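Here is the structure we will look at, set down as structure tokens.
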Amino acid sequence: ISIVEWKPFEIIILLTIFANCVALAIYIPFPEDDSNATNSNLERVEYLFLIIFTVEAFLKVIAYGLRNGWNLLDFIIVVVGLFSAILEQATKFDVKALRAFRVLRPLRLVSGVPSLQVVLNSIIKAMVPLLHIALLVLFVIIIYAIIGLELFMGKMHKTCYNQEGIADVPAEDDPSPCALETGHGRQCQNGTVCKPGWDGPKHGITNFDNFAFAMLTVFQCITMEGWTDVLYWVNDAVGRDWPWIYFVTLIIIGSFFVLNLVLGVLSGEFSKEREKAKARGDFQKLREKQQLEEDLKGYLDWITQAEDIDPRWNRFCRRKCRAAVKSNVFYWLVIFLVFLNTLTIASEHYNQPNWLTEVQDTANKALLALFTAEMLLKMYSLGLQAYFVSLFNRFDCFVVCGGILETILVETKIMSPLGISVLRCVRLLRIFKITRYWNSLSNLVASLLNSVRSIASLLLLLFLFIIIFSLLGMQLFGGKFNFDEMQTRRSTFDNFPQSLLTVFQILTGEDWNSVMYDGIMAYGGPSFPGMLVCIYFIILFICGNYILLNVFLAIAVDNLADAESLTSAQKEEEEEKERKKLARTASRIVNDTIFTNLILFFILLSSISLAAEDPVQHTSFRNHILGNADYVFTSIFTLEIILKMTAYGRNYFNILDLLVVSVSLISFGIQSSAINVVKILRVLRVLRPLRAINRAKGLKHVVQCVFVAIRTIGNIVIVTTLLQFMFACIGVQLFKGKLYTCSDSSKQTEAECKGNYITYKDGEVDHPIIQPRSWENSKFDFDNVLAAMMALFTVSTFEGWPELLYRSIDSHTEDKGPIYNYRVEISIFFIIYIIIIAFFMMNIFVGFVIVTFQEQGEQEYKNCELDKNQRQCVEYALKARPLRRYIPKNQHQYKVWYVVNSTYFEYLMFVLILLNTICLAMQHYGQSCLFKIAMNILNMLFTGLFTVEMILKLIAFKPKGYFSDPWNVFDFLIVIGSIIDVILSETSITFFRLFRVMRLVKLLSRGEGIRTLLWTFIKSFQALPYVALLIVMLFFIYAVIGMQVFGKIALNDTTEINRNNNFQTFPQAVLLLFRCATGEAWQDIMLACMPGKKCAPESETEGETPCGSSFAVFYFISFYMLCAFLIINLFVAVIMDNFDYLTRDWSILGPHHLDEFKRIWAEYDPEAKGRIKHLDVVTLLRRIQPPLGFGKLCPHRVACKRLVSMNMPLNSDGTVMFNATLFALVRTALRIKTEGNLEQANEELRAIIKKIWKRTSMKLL
Ligand SMILES: CC(C)CCC[C@@H](C)[C@H]1CC[C@H]2[C@@H]3CC=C4C[C@@H](O)CC[C@]4(C)[C@H]3CC[C@]12C
Ligand SMILES: CC(C)CCC[C@@H](C)[C@H]1CC[C@H]2[C@@H]3CC=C4C[C@@H](O)CC[C@]4(C)[C@H]3CC[C@]12C
Ligand SMILES: CC(C)CCC[C@@H](C)[C@H]1CC[C@H]2[C@@H]3CC=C4C[C@@H](O)CC[C@]4(C)[C@H]3CC[C@]12C
Ligand SMILES: CC(C)CCC[C@@H](C)[C@H]1CC[C@H]2[C@@H]3CC=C4C[C@@H](O)CC[C@]4(C)[C@H]3CC[C@]12C
Ligand SMILES: CC(C)CCC[C@@H](C)[C@H]1CC[C@H]2[C@@H]3CC=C4C[C@@H](O)CC[C@]4(C)[C@H]3CC[C@]12C
Ligand SMILES: CCOC(=O)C1=C(COCCN)NC(C)=C(C(=O)OC)[C@@H]1c1ccccc1Cl
Ligand SMILES: *[C@@H]1O[C@H](CO)[C@@H](O)[C@H](O)[C@H]1NC(C)=O
Ligand SMILES: [Ca+2]
């Protein structure tokens, strides 16, 4: 039977695997044991599949006697399938729920394709460096869960219950936590009473009652999805003073810092893989392919036209054709024609005038005829096949073929695909050829087409992952999202396309918590067995985001690096060609230092001044001080300019200072129409913070760097804008005037949807309510191109995109209402737009920033030998010294010191800290009195033990050596906050019990990997304090502008501008901007800031709803773009600062080995000094790590022979000093040289390396 196992038997089994995957898609999970005929057949087909994968595992089992992971998966799948079938037939715990193993069968499609197995291994092998970040995330989640347990435990269980009973939550359809008259949170007021006893904001799922519930809430907040909801619930529960310190800090630490770490590690790994695969020379094949194609058409056209110069009438037939295409006039004429085609395509809109629809149909045919004629003219003058040779010419040929195909229909339906004339806009991308960077865009496309095979493999593995998780979700939650609620969920797992859409939505991370809550309630509620189903959503989110990162960052980084290398090589070749061609043919106190400062302080004070204004109250005593305080502030800057204007006559920042001061001074007057002009020059007062530039060195540097980066990435921005415009045109064709709906679902026209109709509260037939029928459009529609660009932008931001998707799926016909699930196949448009724009273009932009930062800097060309290990080795050897030990004396201190400095004591206290953390982690809601007393006494016992440790280590280490390790002063401050915590506990303040949790960081700061990673990234963050000052300034400026513009809108609890979210205070405006930067409901806030809102009663006819502004669109879009750009800039700057650690190659010698050697050497020296023992070398050569020193070889051997053979410094037997022997060890480890090269190293170290300050007098020999 070992004969038929290598023939296409293995392809027969592969086809069997594909038909057990197209039978798990056809399956429809019906609610409550329902079925149909297709399922009745699929059972028998699965029986046949089970028979086949059994006698095929038997042959391999009785052929080779289960070791490989894939064959083990085969075996387990087969056995559980047989077990499930047998148990199902016998019973004809849940029986049918054991069929979830059948979704592992598609995982075998990569075991039969090694080409997919290699990319799977490449994706998997990048997980190992991220395990440290995973551990850090776990620790942060645990710490914040315990803090939330200690802060908000069981404080969100009271809602308004009305003053007639406790029937059910008579506070809107979305009840919120409240507080009593003795509380600080939200007050119900009017005919309501804040009565204790209530499930929770999300049916009791979102709260800090338990440690598991707190951990789930913390994870959901860290994923940045629905964290403002939790923050606002906490604000309503306990108050609006100190939950922002919790939630904002959690968001900053666990979402931005962690993302920075992940991006840095992934970029370092990708760079290492690139530098390892470049040695093979894969770039050469791409390099040699471009020049072979450049000379191809350059020689074929030479052959072509030489035939026409002749020796039938081609002399008067061919010269003009090739002299018109290359005339530079045909180029511009074709560009103008394409511009006209774009003009007529983009002029289409809903309810257009009847003349426009005729103009744009006549012009379409005319331009189609013209472009076909031009294509035919070019088709023969440059060879029929040589015309096909070119890249963009293939695009033109395909566009013409498709246009001719779709313009002759004129009888069939759905003419939306006829608008492939929009891809003709890609042909005008030759406008880059006239300008620069055309060799940077076309090189990118060439690299993409060269690597399309790996691109397809990477995109297919992601599709397989999505298919597997969609099948698993269809099995788990299929036909279960059917509860008694009146509204029907749209994101369900009922079908295969619906499951695919739901899994894609969860992968994008938008409203994934809603699907998680739906899945949790489908299995009961917040209970131990029911709520374990959230593991599916957690794993799906984490793994999908990780896979998307590893795919779309690898593609972008590799392709962009290849394109940049191609461009650099091409530039070098052009330089060499044009050089060799030329090498032959030719042959007043304002200039002070303290003043300046004092006035950059005033500038800071002036910036602080206008942030403290009152946005809403026009007249208030606080503004009396501030309004008259700016008067004296403006005088100082007015005096500053006059004192300077005499010195000279002008730069570009004195212009800005003048534009500030003159505007302020004229604004002091104005009078007359003090409504419009004042409201412009009052918001023009946001330029004062910008005066810190040119007055604070470093701010100017970072601003100039950001401007250079903008100028570099403008090409990618332009290409993304072009693609967005094309997709907007396609969407306008698809959904023009189709996204209208009526409040009454029974009317499908505007004329019908008129008058009143009866609604029922919660669908209770006994409670009818009259409401008016209204013909409404979608929030973001596709009526015209401008209305579609913004809808696509909001889709790309992953904000409210499922709502638009499910609104577009129902649309069927212009001017008519929706139909449930009319065109589910239209979701491919949104999927493709998200993949191309929100996933590929964004990662291309980030990789472009990374590459343009990497090719800057390191290209300083430090070509004074000394490659990228030895400079660091030499500087470390120069900057080194023996360390201290402090070995107790008093012969009594030694005993306690030995006790406290052992490893067993350290491990014992680590276990004690773990036990204390576990004790803190089980403070549930509704605990009994015995539990509380036991917890109190256990906390007392732990704090006593830790005081005992502290006393032991003041003695052992003395009161000077204790407060020397910074881990000790932090420990000292922690426990003293626990001793006096018990003092105030028996007779409150919640701040003092948070010190116990903070002690868990000692466990985190014990592994050499996480410690080094965190330390290096923190140092890189500290070393760049202005890249974050840029974000701070942007936030401040936009907060002030929002306060001035939208600061008067009313706080309506049913609108997105309310008590928790508003512009009425600088902290509140900053919090709103932070929430928008996270991207929570920024589109909803923008729509709530549009003009026509009744607003603040405390500001003072014809003004019914006169406030608001149409500036909101630009405000909220520009803020999003600028915030994303600046955050990416900061991330890449930190990554490039820390890039040395991210690409380390730990196998080779590194500074960590030097640190270990120093820590081994430290104990043998009583002081720093530099005096050693001659016999100490015996243990020195044995204690060194073999990669750093020598292995398990005998001491008195060639190791000692070479140690003594080297010319040591002319010292005594043991008076040689530490840096000398360190340099000797580093030079013997690597970069070895023959005798007589000492002077070469001596002269080299004083040229490129830092100054020695004549401190190497004894190190010369
Ligand atoms: C899809 C991959 C990860 C393999 C499948 C693993 C999961 C989906 C499988 C393996 C173990 C299975 C569970 C084993 C036991 C029980 C308890 C029973 O009362 C209901 C079914 C239930 C709850 C099964 C549901 C499906 C299950 C959780
Ligand atoms: C040539 C390309 C790049 C740009 C094309 C711009 C022109 C054709 C487009 C862009 C925005 C369009 C407008 C968008 C919306 C409106 C409002 C309404 O009254 C219908 C027509 C009108 C006024 C459109 C007319 C055509 C329009 C002005
Ligand atoms: C996502 C995959 C790859 C890994 C996670 C496995 C998931 C799907 C498995 C592991 C544990 C499982 C749960 C274990 C126990 C129960 C309780 C039972 O009364 C209903 C099913 C339920 C709630 C299971 C649902 C499926 C489950 C959550
Ligand atoms: C580094 C720089 C940008 C920090 C700037 C901080 C300034 C703008 C912040 C910090 C503290 C803030 C104040 C904190 C509290 C209040 C009380 C509130 O009822 C009105 C606003 C007011 C009076 C704030 C005004 C703005 C303020 C002074
Ligand atoms: C790593 C571990 C030890 C951390 C802490 C987890 C344990 C101790 C936590 C998590 C889940 C918790 C339980 C979950 C639900 C309830 C129901 C409630 O009415 C009484 C407490 C009780 C029974 C909790 C007791 C403590 C508990 C068992
Ligand atoms: C500089 C960041 O701008 C964005 O956040 C973009 C989003 C939203 O960010 C994508 C988050 N996934 N949506 C659209 C479509 C974009 C646009 O209109 O380009 C002009 C920009 C963008 C701009 C330049 C380069 C890339 C991108 Cl993605
Ligand atoms: C704003 O709040 C008031 C207070 O009850 C309410 O009457 C009004 O309807 C709200 N505005 C809107 C648009 O609903
Ligand atoms: Ca969201």
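For reference, positions follow the sequence shown, starting with 1. We count ligands from 1, going down the list as the structure has it; atoms in each ligand are counted the same way. Heads up: this isn't the whole entry, just a piece of it, and contacts are only counted within that piece. Quick check of the header: electron microscopy, 2.9 Å.
- This structure shows the drug at ligand 6 to be amlodipine.
- In this entry, more contacts with amlodipine come from one chain than from any other, and UniProt calls that chain Voltage-dependent L-type calcium channel subunit alpha-1C.
- Heavy atoms under 4.0 Å from amlodipine belong to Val717, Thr720, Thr721, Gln724, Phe793, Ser796, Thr797, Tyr833, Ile837, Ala838, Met1121.
- Other ligands and ions under 4.0 Å from amlodipine: none.
- The PDB entry lists the organism for chain A as Homo sapiens.
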